[PDB]
Undergrad: 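Here's a structure for you.
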Amino acid sequence: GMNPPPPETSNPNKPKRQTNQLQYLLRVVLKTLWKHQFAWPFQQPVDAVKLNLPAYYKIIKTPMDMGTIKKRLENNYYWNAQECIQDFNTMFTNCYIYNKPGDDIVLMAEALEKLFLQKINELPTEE
Ligand SMILES: Cc1sc2c(c1C)C(c1ccc(Cl)cc1)=N[C@@H](CC(=O)Nc1ccc(O)cc1)c1nnc(C)n1-2
């Protein structure tokens, strides 16, 4: 079968701006997760064809991954930090929704999410 198109990373119709919080989300949060030993499955959209997961995109109707988030941050796609935080949370949630407790991939997501939470705890005040 086929994969869906990836999430958009550009949209001139969507308002955006740079903020110090979004800068932190790139320089601290994304960078910390991206380098993690368990980042690799999350660095690009799930290829449900090569991974033989034909039900993946029946189950997961809002796909998200850090490759997409990285591009969105580098392109200044977002209006606010909450939009980006939501993309991270959607990514983790998708993994937990599709898979089962204790699966390796869930353990990987949990390791990344722990770090994500530690970093967003110190999101700076907007200025
Ligand atoms: C490139 C990607 S994306 C990505 C993965 C991979 C290999 C990995 C994944 C599984 C284990 C490890 Cl150690 C690393 C990544 N897991 C998939 C889900 C999956 O395929 N599960 C599965 C497992 C065994 C089996 O016989 C049949 C299906 C998944 N579910 N969410 C994501 C993300 N991923």
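Per the PDB entry, chain A residues shown: 42-168, in order. Atoms within each ligand, like the ligands themselves, are counted from 1 in listed order.
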Undergrad: Which candidate among SAR247799, GW501516, LY309887, gentamicin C1, OTX015 is located at ligand 1?
TA: OTX015
Undergrad: Per UniProt, what macromolecule holds OTX015 (ligand 1) with the most contacts in this model?
TA: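 By the greatest number of contacts, it's Bromodomain-containing protein 4.
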Undergrad: Provide the organism that the deposit lists for chain A.
TA: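 The PDB entry says Homo sapiens.
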Undergrad: With heavy-atom distances below 4.0 Å as the criterion, list the atoms of OTX015 (ligand 1) near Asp145.
TA: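 So the answer, numbered in order with elements, is 13 (Cl).
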Undergrad: Is OTX015 (ligand 1) less than 4.0 angstrom away from at least one heavy atom of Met149?
TA: yes
Undergrad: Can you tell which part of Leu94 has a heavy atom less than 4.0 Å from OTX015 (ligand 1): side chain, backbone, both or neither?
TA: side chain
Undergrad: Do protein heavy atoms approach atom 19 (C) of OTX015 (ligand 1) to less than 4.0 Å?
TA: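 When distances to the protein are checked, atom 19 (C) of OTX015 (ligand 1) has a heavy atom within 4.0 Å.
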Undergrad: Judged by non-hydrogen atoms, does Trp81 sit under 4.0 Å from OTX015 (ligand 1)?
TA: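 Yes, that is the case, since the closest heavy atom of the residue is under 4.0 Å from the ligand.
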Undergrad: Write down the UniProt domain of chain A that holds the majority of residues in contact with OTX015 (ligand 1).
TA: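 UniProt calls that domain Bromo 1.
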Undergrad: Considering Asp144, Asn140, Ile101, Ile146, which one's heavy-atom position lies nearest to atom 21 (N) of OTX015 (ligand 1)?
TA: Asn140
Undergrad: Considering only protein heavy atoms, determine whether one is less than 4.0 Å from atom 27 (C) of OTX015 (ligand 1).
TA: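 Protein heavy atom within 4.0 Å of atom 27 (C) of OTX015 (ligand 1): absent.
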Undergrad: Which residues lie closer than 4.0 Å to OTX015 (ligand 1) by heavy-atom distance?
TA: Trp81, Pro82, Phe83, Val87, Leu92, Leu94, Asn140, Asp145, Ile146, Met149
Undergrad: Using a cut-off of under 3.5 Å, which N/O atoms of OTX015 (ligand 1) pair up with protein N/O atoms, and what distance separates each pair?
TA:
| residue | atom | partner | partner atom | Å |
| --- | --- | --- | --- | --- |
| OTX015 (ligand 1) | 30 (N) | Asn140 | ND2 | 3.1 |

